[PDB]
Every structure is written in structure tokens, then in C-alpha cells.
Amino acid sequence: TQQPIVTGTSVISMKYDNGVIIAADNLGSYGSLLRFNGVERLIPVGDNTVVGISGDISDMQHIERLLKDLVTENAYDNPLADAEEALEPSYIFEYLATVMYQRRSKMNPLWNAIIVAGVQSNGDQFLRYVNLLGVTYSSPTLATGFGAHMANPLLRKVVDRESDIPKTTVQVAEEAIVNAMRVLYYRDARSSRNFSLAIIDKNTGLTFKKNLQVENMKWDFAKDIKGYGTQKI
Amino acid sequence: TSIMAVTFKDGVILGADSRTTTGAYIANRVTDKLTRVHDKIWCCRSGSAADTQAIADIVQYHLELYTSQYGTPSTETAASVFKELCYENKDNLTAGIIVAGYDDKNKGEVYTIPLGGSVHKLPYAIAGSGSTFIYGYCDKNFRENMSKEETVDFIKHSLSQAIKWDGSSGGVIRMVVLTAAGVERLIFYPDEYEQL
Amino acid sequence: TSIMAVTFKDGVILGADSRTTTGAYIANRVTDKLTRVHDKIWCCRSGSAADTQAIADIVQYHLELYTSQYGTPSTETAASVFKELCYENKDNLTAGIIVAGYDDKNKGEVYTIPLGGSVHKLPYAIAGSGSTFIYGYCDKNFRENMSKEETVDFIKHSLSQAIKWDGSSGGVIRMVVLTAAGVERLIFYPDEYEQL
Amino acid sequence: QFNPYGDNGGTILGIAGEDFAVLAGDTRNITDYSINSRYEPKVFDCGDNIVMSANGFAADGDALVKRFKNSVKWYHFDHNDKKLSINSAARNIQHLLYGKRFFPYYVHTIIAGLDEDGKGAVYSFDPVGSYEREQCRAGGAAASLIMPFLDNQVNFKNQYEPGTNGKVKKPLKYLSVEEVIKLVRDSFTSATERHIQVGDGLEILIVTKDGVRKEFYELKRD
Amino acid sequence: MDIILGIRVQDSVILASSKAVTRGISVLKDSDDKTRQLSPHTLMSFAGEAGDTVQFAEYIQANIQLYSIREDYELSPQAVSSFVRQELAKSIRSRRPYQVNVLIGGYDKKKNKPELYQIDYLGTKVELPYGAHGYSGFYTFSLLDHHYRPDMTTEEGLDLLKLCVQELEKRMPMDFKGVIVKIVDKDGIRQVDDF
Amino acid sequence: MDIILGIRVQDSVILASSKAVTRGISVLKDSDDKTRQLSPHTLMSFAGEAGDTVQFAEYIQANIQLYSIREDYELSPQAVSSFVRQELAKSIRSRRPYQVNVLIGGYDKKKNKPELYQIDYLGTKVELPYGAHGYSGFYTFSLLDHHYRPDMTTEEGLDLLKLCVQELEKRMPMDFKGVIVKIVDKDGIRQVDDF
Amino acid sequence: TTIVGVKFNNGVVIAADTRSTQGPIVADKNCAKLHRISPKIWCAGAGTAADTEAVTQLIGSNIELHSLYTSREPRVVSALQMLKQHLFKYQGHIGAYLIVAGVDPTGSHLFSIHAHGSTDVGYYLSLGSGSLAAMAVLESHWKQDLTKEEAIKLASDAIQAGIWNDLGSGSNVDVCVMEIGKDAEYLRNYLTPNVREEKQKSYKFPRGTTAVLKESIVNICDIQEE
Amino acid sequence: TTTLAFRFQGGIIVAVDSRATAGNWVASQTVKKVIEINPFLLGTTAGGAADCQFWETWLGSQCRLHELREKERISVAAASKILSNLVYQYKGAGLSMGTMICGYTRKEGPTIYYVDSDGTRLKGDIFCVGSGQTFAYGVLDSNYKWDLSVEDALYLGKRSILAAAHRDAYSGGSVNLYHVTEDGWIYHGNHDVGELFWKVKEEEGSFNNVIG
Amino acid sequence: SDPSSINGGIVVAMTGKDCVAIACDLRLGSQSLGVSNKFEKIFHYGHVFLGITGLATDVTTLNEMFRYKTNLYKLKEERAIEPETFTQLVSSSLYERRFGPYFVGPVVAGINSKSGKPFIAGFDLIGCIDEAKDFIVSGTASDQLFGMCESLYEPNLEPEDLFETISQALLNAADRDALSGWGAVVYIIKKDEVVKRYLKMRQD
Ligand SMILES: *[B]([O])([O])[C]([C][C]([C])[C])[N]C(=O)[C]([C]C1=[C][C]=[C][C]=[C]1)[N]C(=O)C1=[C]N=[C][C]=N1
Ligand SMILES: *[B]([O])([O])[C]([C][C]([C])[C])[N]C(=O)[C]([C]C1=[C][C]=[C][C]=[C]1)[N]C(=O)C1=[C]N=[C][C]=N1
Ligand SMILES: *[B]([O])([O])[C]([C][C]([C])[C])[N]C(=O)[C]([C]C1=[C][C]=[C][C]=[C]1)[N]C(=O)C1=[C]N=[C][C]=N1
Ligand SMILES: *[B]([O])([O])[C]([C][C]([C])[C])[N]C(=O)[C]([C]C1=[C][C]=[C][C]=[C]1)[N]C(=O)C1=[C]N=[C][C]=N1
Ligand SMILES: [Cl-]
Ligand SMILES: [Cl-]
Ligand SMILES: [Mg+2]
Ligand SMILES: [Mg+2]
Ligand SMILES: [Mg+2]
Ligand SMILES: [Mg+2]
Ligand SMILES: [Mg+2]
């Protein structure tokens, strides 16, 4: 048992017709102090999987090393390491899910919430969640922390059920993700303007976007707000 | 919360962020923490929103009744009424208030009233959770008898940094200018102050 | 405690105050918080004195044994050994360590390791209780590729303010300069840095 | 302090017929006041004509089901591909659950299938492995809402025959698969109305001598 | 204190109450009468926290005696039980509540019927054919459920009461030093001196 | 369990132990023998936490019986008491200590003397003319301080023991359901069937 | 609970879901969370149901007496001031979280109130367990110079986000529109997107199914003549 | 839970209720609180359902292994002591068990041992165990004799459980009756309290308090 | 410890076609100990019926309080109180004890004498009004009652049909609750006749 020290906030994601999108901001908070402003919380594994991690950053870096080591180990005595016997999103997730549940069972958890986003060999979209308790679930949209409360409602308006996935394009899906990231910046006190976004498409492959910013913000109406009730000036 | 009041040549300027939080949720991103207790006596509020509002409302009532009987009150008098409420009810209040006002005789004055209910007259004052991150900056950059434009830049740069590092601070930077000329409200948006 | 490490054109400079406290009593006013784990790999220590000493002693042992087998270790390698100790023993340790070193290939590098045992490579880093009061100042005043004299002034001014506001920080300002030229120790006394 | 347990909500329902058995469960998965998924399968085909669901803390639920599926696999390896009977599966699950007596799987387990005489069977477990064969059982969050309804409408409890006035009970006539599915759907619709952790979807697994069939129905999403 | 029992038969109410008073590890007394006559045809037994029991009982006694003098009339058992309940219901939300449980056995001279009321310290009133407070009922109610009949005589009621006390003396850990038995009927209140 | 007494007279040791076994609000048994014969001339009575008492007593019994067979010789009461004390002294610093208090009454055939040892669960041993565990001694020691003479007969010891039990039955709150009395002398161990 | 308030061109609109819960159980499926303080001052309430009702009735009662005393139509700032001072005095123990809106001779107004007595001003506001879901919608679709039709749509959509995504909210959407120079229109059950489907079976029992012991007529009438 | 067992002329009567609860929630009315260890040994369950049922089911395996090894059925004393020694190892860990081990052998005759999770092991003639044990004791003690007919002893056991089922909130459902003799145990049916109460009330003239 | 579940008990109310029904169990206990099987929880003031679950001392106290208040109402108003008005009186009376509440779950049932409209309502311990069209539930088996009512109930049931529905809802809910049962009473209420029926149920 411990407590999280340096922490990362929401990771948000959704499925679309040809793949999956995942995003997370670049902040490493130290309680109320916004300590580290250049933290990458989306970690790609091969060219078909992106693991988005929130919560304790020291445990994130540990998980990052496990995944790095997993790729190395998979390549050993494996002539088809870059083909038929490459790491799948489902393999990577199940491994993490096993570790998370084992660690919680020893009363020494990895203090994280994780979303594994990717595309399988047969082109099927993969999107599944796991956290410090070893709890797992899948959904057309997935989000951690504040994202669960604010991003999911917005993303579910685009893809409300399974049958909405083929009707959703990559442009519409990315637009929804970017809007959600803006809303989180308005309302989450442990978020930053800077974020990373990753698209895993079955046709165009893995597109990893860094140094994105929240833009088109509405603040002008603030000038008209005066006092807390009766004050006019 | 990041709040400050700075005296300068022509008077005094109050400054504040606009963030109200319930834990990590931002309950209000466009809050007005610069509140009026008299024509040219204002205050910056930090701590409990309910407490500081209740206090400010009572002070405004006291100074309105003071004015009807004895004419315009001094900034020191306003600070004393704040103090009396904060000190005597210290067990039940969480309020960090900066009182700032402009007289013609005394010019610009700033009084800070921290948690205990003590009073401290200062050339400038900083308070709130975000103030911790700008003690170094403000101490190095403050000068007495600055111009209006210099004081605005000083507050803008200071609160920008406080906002940058403090999770409980954010939104727009509100400012209120108190001089002989009158009362001027200023606002500065994220796109402006973040690139500083 | 107020500690910092700053990379610059010719390499890296470590800086620290000299105060050790048991509550409000200053147990040591001339403490050396800048400690050597290898010829040109040093660290700044904050938190528990016992913990950070024990950690530093173990790291020095590991790097001495590394050197005997594989030659001079990189600054990244030294940071990794610190991390391994801090991360795996996080439940039992209170250590905030900044690792700074000079290679010829990589030049000046700074790695900060906060309480959790995470690693962060940065152009410069600040830590300890007193660092809170200079986030604003340091962020506004830091530039990349500064000169030796500029970097010394930056650290001197920064730690001066941290000392001024933090009760747990004080005494002399110690500094260690890491360049190709070698290792230089600097000291600055209260009469010098207080008047800044 | 770290709390190793959580509550993922949901509700399950097993009903044993004369030559069939059903195991139903909603597809909603939650934490506190948030929905994790509107469709997260909770009832599983474990092989050998046995269906299983472990409702409560989903991590323990998944772990238990995974370990039982494993037990079925090794039962085949060790005993010449012999079919694991429902009674033998139930006893095996008791030992899986009681094995963690002092750090329990925080779940209410129900299995369903056919006994060795071909008759419908439902077995029900508590978290630490106490079990019992039953004709009827609801489990999980809305179990307190559903069970009384099943006592009334499956076992005809407190029902008597008109004209006699409390003297002659209503006879315990058997229920068809079509009749049972109606009671399952009404049970979950009623539970969805008054329980916030129940909704989204209903997935029913029907077990007969022919095998395992599935049926899905929509539930209210509020 | 410990055990108080009550049984309403055909023409009377019988109250049985233990004689022991224990403080800590010592039985200070073995002849204590845990009851007060509220009126000629109304008896109240009591058990609860030390001091509160007697203080409450005597306070109620004084109030009913005051009513009797003022009106030159005896209140019905039902009326007395309602008064007692209100006092306890008032008490439970006081600064320091009366920690007292009572049985009220009375003979209503108007209706010519015996009546037994069980009231706990919360002000929970019930009229019963037989009653008990504390751990007594855990033993005695099963016996009374089996044997009790509504037309029993007073002598049959005493025999059934002896069977209750015998069971308590066999299975209860505490030595309650026997019971004082009192009968309430049309002729008033009397004590059974040999039990 | 509750009350265990011991008295060493001229030519014998007498142990008296209550018969009651109580769990919660029920006396489950009223004929329980809280003792074990360790050897032909050594008897041990016991009281403490449920389960631990019998488990400890039988464990000691087995060890002394093993010694007897191996050496074809009976250990002295002093030797047995020292063995028992060491086991309890070992136990008190264990993961889960034996929560058991014992009296050891034996007749030393070598010295031709009766001997009574009182040992508590901590491993505190004392040789005494009379002893008790629990709240028993709070009553019985004053009586024994007055009446006990060292040259008493076995019959006088039993009469003095009856006076102890009578006092306990008068003043103790718990009904311990009488005592089983056993005498240890040169001829061995025997039970007084009428007490 | 999901409650929202949205300002528009010539007035203000408030909305609310209709679910009340005790733990994980739904106590009431069609609860009324929009309260009338005065004819043109309405407020939505979240938190403890008895408190939101009681505090609204009390202030509404005093507002009515104040209106009669002054011969003036009541103002939203008066209701706001009376509510906050009452709630502050009780130090958050009166669990009322309110969105107060209305029109008066000064104009149209929108405020929020929290249990400890703090007030906030805004063009759009949301309170309750579903406030995060609702605020996500408001932050995504709100703009300046909304029409009446657009504001109702935005307000109801914000409630729906709470209904579908928050387990503490559900059932129906209630709305109240307060436009300047007009009567306030209270739209009870404006939307009904959660009607229960037909049951598979009728559970009407045969008469005589239940076992009875005794029967008797109950005298509800008074004591009779003659 | 209410369970009892008593020795008499015709062997042993064992009677138990059927209710299981989780707080105020009635989890089951059809629980088998008697466990058939072998054709001559019975065990009763009170306290934790899993604890009792796991370890008494386990006890049967140990008893079967004994008679395989020793070519002789296990004594009631030895069977009861296997269980008491087992739970004693777990003492402090939080097992919750109150059990009677009931049987007949040639050397012992009819024997009952009370075994519980604190490590208590007691031989006796009469035992009642569970939350409703006091209610059962009332009926049993007032009506018990050694010279009871199998028929009358069975009814007394049935009636004692009924008494407890009525008054104890955590007892009820139905009554399971067993009769243990020289030639083994004999099941005597499940008796629903909902029907048994009214039957006994009418025939016996008892429960005059209740209206029917 | 929990005041609302020391004594146990339940109340349920339902509307039908030109009729209402209110029913309750008869148990009063002290936790596990069953004390009384005649503790009725339904009372009436004129034609307005009130069921109360929860702490038994408060059940009795509130009955006496509302009898007190409805009697004064009648003397001053010169007419019997109506269900709608009585509901407000219950709410007012409970809320005045906001920070020292009666630990009860009241349920009002009746027919308005002027309009003829069936009316039911439920409350929490501090006064909040739940005015349902279909049914109201209260007590230690409220979860069970919700499940029974939500499945068994259908609108516009005739008085004699409504009796069967509410009776089965109560009985089967009570049988899954340890602190409820020990007998039951059902009131069938029409505009100018009221029938009271005691139900035969299992006594454990
Ligand atoms: B600021 O953060 O101090 C701010 C100033 C206030 C006058 C608007 N205070 C708050 O946001 C407080 C919490 C708090 C945060 C940090 C330090 C001290 C206090 N919030 C509230 O009072 C609040 C939050 N949600 C609803 C109502 N009130
Ligand atoms: B500094 O204040 O962090 C300092 C750095 C240390 C490496 C010399 N630490 C201390 O002075 C600590 C206490 C402390 C103060 C502030 C923050 C964190 C910790 N002191 C000691 O470890 C200490 C004090 N007296 C004797 C021995 N050790
Ligand atoms: B909402 O969730 O805020 C809603 C709004 C209310 C005004 C109808 N609140 C409730 O449903 C509250 C939740 C709550 C539960 C327990 C303590 C405090 C608040 N429910 C009730 O007020 C409630 C519950 N059961 C019966 C009556 N009222
Ligand atoms: B009985 O009441 O002891 C009973 C016997 C058991 C074999 C079913 N135990 C229980 O009902 C216990 C709770 C309990 C109640 C009263 C006294 C002691 C214990 N319940 C369970 O063991 C249980 C099992 N499965 C589901 C729910 N509860
Ligand atoms: Cl504010
Ligand atoms: Cl040091
Ligand atoms: Mg900020
Ligand atoms: Mg639902
Ligand atoms: Mg009582
Ligand atoms: Mg019941
Ligand atoms: Mg019962």
C-alpha cells in the first residue's frame, strides 16, 4: 500500500469506423502543484497499439519499461516478430491486466488507470480499460478520471452503441476527442493545455501527434460577470 | 486562488484569478474575486467562498451605515471592520482577505488579513494558494511609486506565474484600478497572459 | 532545504543551502548537501538526511564497481541507480534528489527524482521545501546555453529568495561547477547574497 | 489506505426448468455513479454444457470464471476427456472460493446447466463457497428486488386456489422455456426501474441437451 | 436489574421479579422488591440502570397517587400505562434518558378484566397476555407460547410461572436469587410469600 | 471457565472446581470436570479461555505420561509444576499464548508430603497451603486466612472447603453449578461423589 | 440529480431531471425538482429533497409578504440574498444546492447557491451529481445571444446528458421558461424518453388467491344521529 | 439458526431449522443444516454456512480414511476431536462454527459432542446451538425424559425448533428431523413451518396468543 | 443501533379504479427477539389513512400527535381533513424536527371526499413528499416491496383485484425479511365503504 505522488490526469479514447483514437495531456502534477509540463503519457507498442496511462507517474515509467522489455522478449527466437507473431493489442492488454490484478492481490498496487487502444491482425478495433484494482471493461468510448465524467458524455453522443461505429469517420471522431480535451481544460483543475493524440487506423497505421494545444476557447463572456449577486460595478 | 493588491504612484490596483474549485473540479472558471465594500474601497477574497462573501456583505453594510452618519470611511477603517469579523470568529472562518482602497488624503493603501485575523499594512500584498509560487518573483520585481502601466504589467506577470503553477488558480486575470480618476475594471484572457 | 541544478553552455552547476533542521532548531547551519557519487557526477540532497546519505553511499558504491568493470558511467546511468533505490523502497524513504553530471559526449545533464521515485530529465531543476517560493522567479529568469557567470548569478539569486522565505533553508549557498575543465567548489555567505 | 475491493454493480438470475436451465444477467458495468460500459458480458459459457456468472466485484468475478474454465480444461486432461457434471463443477467451485476464505472473492456466483438425469439445474454460492442447488435464484445488486417476485411467480408462494380460501394451495405446475423467459424479462425491467445499477441490456443464456443458446434484450439506459 | 416477568390470566395479572442486586462481583442483596404500587389495582415492576429504576418508579408512583387524591378516582391500567409511556417517550430525547424498562400489571374494575402492559425505556408500549424484559424472554416466551391458555386460573398461572423460573435457574448464567411474585386482581394486590 | 480452588492439608491436597460451562447467555453443561490426572499422584485443575484450557491440560498430560513410560518412574509434583511453568512461560511470548491458569495438587511419595502449586498463564509459580484463580480468591482467601491450620485432617479440609463454596454461592453473581471435589494423597487420586 | 440554468436573449430557462434516490434505490421516478419562489422567480434544487423544498417554501413565503409590504414585484437578488443568509447560518447542514432564476423589473437573472451559502453568477450553470455531464454539453454548445428555442434545446440536452450518463439522474426532463414581459411557462415533463415497455405477462391474480383470517367494516363516519 | 440434539432411550434425536440470513435479508429458507457424514454419523451446522459445510464435508473424508486404514468405523469421540483439533489450529483467524457431532457406536452407545470454533469440545446428553437456542431449550428441558418413545421424542424435537422458529427472527423456513439408532440414522422429512405452525396450534391448543 | 431497524416492519399502499389500498405487517420485535404479533401500523383520522413504519415509540407518538392535530383541525374547520391537506401536515410536522427527527417512514392513503380522486403519498423521516400515482412502499423490506410492486402492479385494478395484488406484494416481501411478518392487515378503501382484512401468513 502506498499513495500516488506525481500524477497524470484523464486519458480519453473512442472507436471509429476504421480504428481507434486515444489522447492524454502532458502534465505531471504534484498534488495541487502543476510540477512537470513535458510528460508523455501515451506510449506506443509496435505500430498497432498505444497504451494511455493515468495516475502515478513513477508506476507509469515502470509499466513503460515492462512494455519495452515485452517487445524485446517477443523478438527472441521469433523470425515472424515483425509479421504474424508480432505483439497484438489484446496480448499487451492481457499482460498488463494480469500484472495489475496480481499487484492488487499482494496489497501493493500499481496506482494507475490504463487504456490500451489498438487494431488487431484481422482489422478489428481494440479498446479496453484496466486499473489498480485489476478491474477491466470495454466500451465504444473509454475515459479515466475526470474524463469518465466529462469526456464520455460528449463522446457517447457520437458513438452511443456498437452500430454507430461504422457510421463514425476519423474526422468526426478526432473532432470529438479534441473538443473533449478543451472541456477538460475548462473544468479539470489538474489538467494542462498541452496534450498528445494518437490514431491507430487499420489502413493508414499509427499516427502519433505531439505538442497539440487546446484552441478556440470561449472566455470573452467573463468580462460581463461582476460580483456574486448584487454587485453592479 | 491567486490574489494581490499593489500600491503605486496614482493609487492602488487589485488583481485576482477567476477559479473556484471543489477538490479538482472547477465549479466556476469565471469567478469575480474582486469585490466592492465601498466606492473606492475594494477587497480580494481567498479561502472559503461562502465565508468571504458573508464577511464582505457584512462589511459593505457596516460601511454603508458608517457613510450615512460620518461620511466616507478611510481604508484603515474598512480593514478594521474586516479584522473585527475575522479575528472574533477565527474558530469558524476560513478567509484570507486583502483590503485595498484609495483616499485623497492617504492615497493608495493595502491591508492584508490572513487566517488568524491579524492586520498588516503593506506597500503590496499577495495571498491565496498560488501566491506561494511568486514570493520570489514579486519580491525581486516590486518597486515603490510605479506607473499605472508598470503596475498592471507587474500584476499580470505575477498572477500569470501563480496560475501556471497552482492548480487551484486559473481562468481570466481580473483587475480593478483605484485612483482619483475613478474605478476602472480590467480583464486579461489566457491567450494573452500565458505567452508572457 | 533549497536545492537546484542548472545546465549551461560549458556544462552544469549544482546549488544548495546549508541548513539542517529538527523542527525549528537548526541542527547544522553549515551542511554540505552537494555530494559526490562519481568524479563528475554529483547530486543535490533533500528530505531525510539519513535516507539521502544512505542512498548516495550505495550509489557511489555501485558507480565505483561499474567503473572498475565497464569504465566511466553516464549521468543517465547514475540517475537510473538512484531511481532504482528510490522507486523500489518508496514506502520507507523520504528522499528528493537531483542528479547532475558532465560527460564529454552528452555535456551537462540534470535529472530530478522526486518522492515517488520517478525520473525527469530537465534543462534545470529545483527541489526542497524552499523551491516552492522560486518557481515563478526561476521560470521567468532561466535561459538555455547561459554562461558560467550568468548561471552562478541565476542560482545565487534564486536560492537567495528561497532562503529568504523558507524557514527550513538558510546558512551559506554552496555550489559545485561541472565542466570539461574539472570540478570547482564555490561558496557564498549571508552578507553577500542577502543584499541582492 | 488502499482498498482492494470495489463494486461493479449488475444483477444476475438463474431459473431451472424441467429439461432446461437459464442464466440471465444485465450487461451494465459501473463504479459509484458512473457507467463503465453498457455492454460488458457477465454470463459465460464454460464448456461441458455449463454456464457461469460471478457477480459483484468484476475483477474477482473474472478471476474466478477464468480459474473455473481452467479447472474444466484440466479435468479433461486428467480424467480422459470426461464430462464435468454440474454437481461436480459446483463442488469444485466451493474449493476455489473457500481457498481464499481469508481474502475472499467478493462475488455472488451462480452456475446453471443440466444434471446427470437431464433435468434443469441451478447452483448458487456465497462469496466464501457455501453452495446449494436451487430451482430459482437471483444474485447481485437487485437480488432483493427480484427474489420475492420469483418466490411468488415460480414457486407460487402465498398463492391458493379460488373458492377454498387458504385451504388448498396453487399446484406447482412446471414452466416452459417461453414462460421462464417472460419472467426473466419482467424481473429485469422491474429491477431496472427501481435500481440505478441495473439497465442498458439483458443477456440470457439458455442451456438444453442440444447445447447453449443466447438471447439479448434492450433495457432502459438512464 | 435482571429478570422481570408478567402473565395475564383469566381474572388476574401475575408479576414475578428477581430479588438479587449485584454490583460488580458481589451480590449486595438477595431480597430486593423491584416493584411499586401505583394504585390499589395497578402494580409496576421495573428493571434497568442502577438508580434510574427506583427514581423513575417512585416518580410515577407519586404522580398517580396525586391524580387519585385530586379526582378521588382510580385511573384505568390503560390510562396509567399511557401516562408512563409518554414519560419514557419524553425521556428518550432528554439530556440524560431514564434507562428503565417496566411491566404494568393492573385490574380494570370498570371492564372487570386483567391487563398487562410491557413498556421499554424508548417508550415502546404493547399490551400482552405474557411479557418479559431483558434476556428473560429469550427463555420464557417459548414455554409460554406452548402452555399459556387464556382461561387459565391464578393457580395454573403460578404453576406455569414456576416452570419459567425453573428454566431460568437451569440455563441463565447469573444467579438472580429467586423471584418475588405478586398477584393483581379485583380485590387488589397481594404478595405470594412462598415461592 | 470460572472457579477453581485448592487446599493443602496435613496428608493430602484437595482440589475443587466448578461444573458449569457457559457460552453467552446459556449454561450448556452443569457436570463438567475441569481437571486432568497427570500421574497417579499428581492432579491438575484448570481455568481460562475456551478451548485453550483442555488443549493445554491434555498436552501436559501426554508429556508427563510419556516421561512416566520412558523412565518407568513418576516425577515429583515439584518437577511436574516446573515443567508446566516453563511451558506457560514459553507460551506467553508466543504468537498466540495459552490463556490458561492452573492449580497442581500432588503427593510427593519420596518426602511423604502433600504439595499445592498455583500457576497463572504468564508462568507465575507459587507453592501455597491454599490457592485460587480468578475472582474466587477475592472471597475464599479471607476465610482460609482465618480457619486454615496446617495440621488439619482431610475431613476438616473438606468442611473448610464447604464454607468457601457456601460463601461463593452467596456472594458471586454467576451460578457456577456447584463443584467437583477431588482428593490427592499417598493412595492416589479419588473423587468425592457427594458435595 | 442534474439541474441546469441557461440565459438567453430576452430571459432565462431552468431545467431538471426527475429522479430521486436513496442509496442505489430509486425512491421516486417522476420527482418535481423545479420550485416556484414567486410567479416569475423559479429555482431548481439538488441535494437533500426535504431541504430544497423547505428552504424554497420559507423564502417564497417571506418573498410574498415582502412583495405585499413593498407593493412591488419580487426580485431575484432578494430571493438570492434571503436564501444564502439562511443557508450560511446553518453552516451547510441544510443540504440545499440551488439554481435560482427569474425575471423582475430590473431584468432577467441567473444564479447558483451552494449549501454553505456561497453564490455564483453565470450565463450557464449546472448542479448535482450529473452536473459534470451537463456542464460538458453546456461548455461544448453554449454561445452568446441564444434564442428562446435554442436555450430550451441546450438546457434539455444538458439534462439528458445527466439522465443517460449519471446514475444519480434519470427519467424525465422538467423545464421552466421565464421571459421578460411574459408569464413564466412551467413545462412539467417537457421530455419523456424513459417510458417503460409493455410487460410480457399480466400478474393479475385470480380472486380468492390470498388466504384471509377476518373481515370487518371500518367506521370512518362520525357519530350518528338518533 | 436453531439446532438441537438429545440422547434418549431410542438413541438420539437431531432437529434443525432451515433459515439463512445476511443481516435482515432472508438469503435462504431451504438450507440443509444436518450433514450426513456417514450412515451412522451426523453433524449439525450453526454460525458461518461455508465454514460449517466445508469442514464437516471435510470431516467425512477424514472419517472415511480412518475406516479404510483401521478396518473399523471411527468413534464419535475421535470424529468430533478431528474437527475440534482442526478448528483449534485456525483459532483467532475468524472461523464461526457451532456444531454437534452425533452418532452411535458399540463401544460408546449413542453419543453427542458439542464442537465449536473457539476450540470447545463437550460431551453431553442435551445441546441446543444457534441464535434461537434459548427458545428451543425452554421446550426441551420442561418435557425431556430418558424414557421417551421414538415417536414422542421426534415430536418434542420438532416442536422445540418450531418454538424457536416462531420467536427467533434468524430462525425459520422448515424443520429437518433425524433419528439416530443402533442401526444408523433415519431421515424423517422436511416440515415447512408455514404449515406446521397452524397444524400444531390447532391440534395442540398452543400459541393461543396468535390469532388463527 | 440503527433506529429504523430495531423494531422492524413494513407498509405498502396502492391505487386502483375509484379505490385505494394500504397494508402492513403486525410484527414488533427487539432486534432478533419477536415481542408482539398485534402491533398494527395503520391508523385513520376520519377517512384519511396513515401507515407508519420505523421506530415503534415514534410510530405511537406520531399517531397520537396526528390524532391531536386532526381533531383540532376538525373543530376549527368544521370538516374532516382531506388526504392532500393531511399530507402537507405530516410533512410540516416532520420537518420541524429537522435535526432531531422521528425515525419513521409514514405513508398516507385515502380518497378525496369532494373530487373522489384516489390519493397516496410516502415520506422520508424528515418530511419529503413522494406523491406516486401507482404505489408507495416503506420499512425494513422496502427493497423487496419495490421489486414486488414494480412487477405485480398494473393500473386501474378493481377493489377485489387490487386486494390480491397488494396482499401478494406484502406477503412475499415480508417472507424475505427477518424483521417483518408475524401477520398482516389489508385495508381496501372506497369512497363510502372501507373493508379491513387480516391475512393468513407464515409465523416465522
Ligand atoms: B481560492 O481557491 O482560494 C478560492 C477563492 C474563493 C473566494 C472563490 N476558493 C475556493 O475555490 C474554495 C476552495 C478552496 C480552494 C483552495 C484554497 C482554499 C479554498 N472553494 C469554495 O469555497 C467553493 C467551492 N465550490 C462551491 C462553493 N465554494
Ligand atoms: B532539507 O530541509 O530538506 C534538509 C536536507 C537534508 C539532506 C540535510 N532536511 C532536513 O533538514 C531534515 C528535516 C526536513 C526538513 C524539511 C523538509 C524535509 C525534511 N532533517 C533531518 O533529516 C535531520 C534533522 N536533524 C538530525 C538528523 N536529520
Ligand atoms: B438529487 O440527486 O440531488 C436529488 C434531488 C432531490 C431534491 C430530489 N436528491 C436526492 O435524491 C436525495 C439524495 C440524498 C440521499 C440521502 C441523503 C441526502 C440526499 N434523496 C432524498 O432527498 C430522498 C431520499 N429518499 C426519500 C426522500 N428523499
Ligand atoms: B444460522 O443462523 O446460524 C445460519 C446457519 C448457516 C448454516 C446457514 N447462519 C446464518 O444465517 C449466517 C448469518 C448468521 C445469522 C445468525 C447467527 C449467525 C450467523 N449466514 C450465512 O452463513 C450466510 C450464508 N450464505 C449467504 C448469506 N448468509
Ligand atoms: Cl466567490
Ligand atoms: Cl546531510
Ligand atoms: Mg492553473
Ligand atoms: Mg436503472
Ligand atoms: Mg418493549
Ligand atoms: Mg419474515
Ligand atoms: Mg423466525
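Below, chains carry the letters A, B, ... as their sequence lines are ordered, and counting in each starts from 1. In what follows, every heavy atom counts, from backbone to side chain, and hydrogens, waters and symmetry copies are set aside. As the structure lists them, so they are numbered: ligands from 1, and atoms in each ligand from 1. Contacts here are counted within a displayed part of the entry, not across the full deposit.
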Student: List the chief contact partner of ligand 1 in this entry, with the name from UniProt.
Tutor: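 Largest number of contacts: Proteasome subunit beta type-1.
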Student: Not sure I'm reading this right - what drug is at ligand 1?
Tutor: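 It's recorded as bortezomib (bound form).
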Student: Could you check which other chains have heavy atoms less than 4.0 Å from bortezomib (bound form, ligand 1)?
Tutor: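 Chains with a heavy atom that near bortezomib (bound form, ligand 1): B, G.
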Student: Mind checking whether G/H116 contacts bortezomib (bound form, ligand 1) via backbone (N, CA, C, O), side chain (CB onward), both or neither, at a 4.0 Å heavy-atom cut-off?
Tutor: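 Neither; nothing of G/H116 gets under 4.0 Å from bortezomib (bound form, ligand 1).
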Student: Under 4.0 Å from any heavy atom of B/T52, which atoms of bortezomib (bound form, ligand 1) are there?
Tutor: 7 (C)
Student: Give, by number and name, the other ligands and ions lying under 4.0 Å from bortezomib (bound form, ligand 1).
Tutor: ligand 5 (chloride ion)
Student: Could you tell me which atoms of bortezomib (bound form, ligand 1), counted from 1 in the order shown, lie closer than 4.0 angstrom to a heavy atom of B/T21?
Tutor: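 Once the distances to B/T21 are compared, the set is 11 (O), 12 (C), 13 (C), 15 (C), 20 (N), 24 (C).
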Student: What about B/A27: any of its N or O atoms under 3.5 Å from an N or O on bortezomib (bound form, ligand 1)?
Tutor: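 Min N/O separation from bortezomib (bound form, ligand 1) is not below 3.5 Å for B/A27.
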Student: Write down the residue and atom holding a covalent tether to bortezomib (bound form, ligand 1), else none.
Tutor: B/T1 OG1
Student: Source organism for chain B, as stated in the entry?
Tutor: Saccharomyces cerevisiae
Student: Which of the numbered atoms in bortezomib (bound form, ligand 1) are under 4.0 angstrom from any heavy atom belonging to B/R45?
Tutor: 7 (C)
Student: Determine, using heavy atoms of B/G128 and all atoms of bortezomib (bound form, ligand 1), whether some pair is separated by less than 4.0 Å.
Tutor: no
Student: Should you measure from each heavy atom of B/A49, which atoms of bortezomib (bound form, ligand 1) turn up under 4.0 Å away?
Tutor: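 What qualifies from bortezomib (bound form, ligand 1) is 7 (C), 22 (O), 28 (N).
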Student: Please confirm whether B/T1 comes within less than 3.5 Å of bortezomib (bound form, ligand 1) when only nitrogen or oxygen atoms on both sides are compared.
Tutor: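 Indeed, backbone or side chain, B/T1 has an N or O that close.
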Student: In terms of heavy-atom distance rounded to 1 Å, which UniProt active-site residue of chain B is nearest bortezomib (bound form, ligand 1), and what is the value?
Tutor: B/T1, 1 Å
Student: Between B/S129 and bortezomib (bound form, ligand 1), is there a nitrogen or oxygen pair with a distance under 3.5 Å?
Tutor: no
Student: For chain G, what name does the PDB entry give?
Tutor: Proteasome subunit beta type-2
Student: Taking heavy atoms and a cut-off of 4.0 Å, what residues surround bortezomib (bound form, ligand 1)?
Tutor: B/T1, B/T20, B/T21, B/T22, B/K33, B/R45, B/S46, B/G47, B/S48, B/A49, B/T52, B/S168, G/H114, G/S118
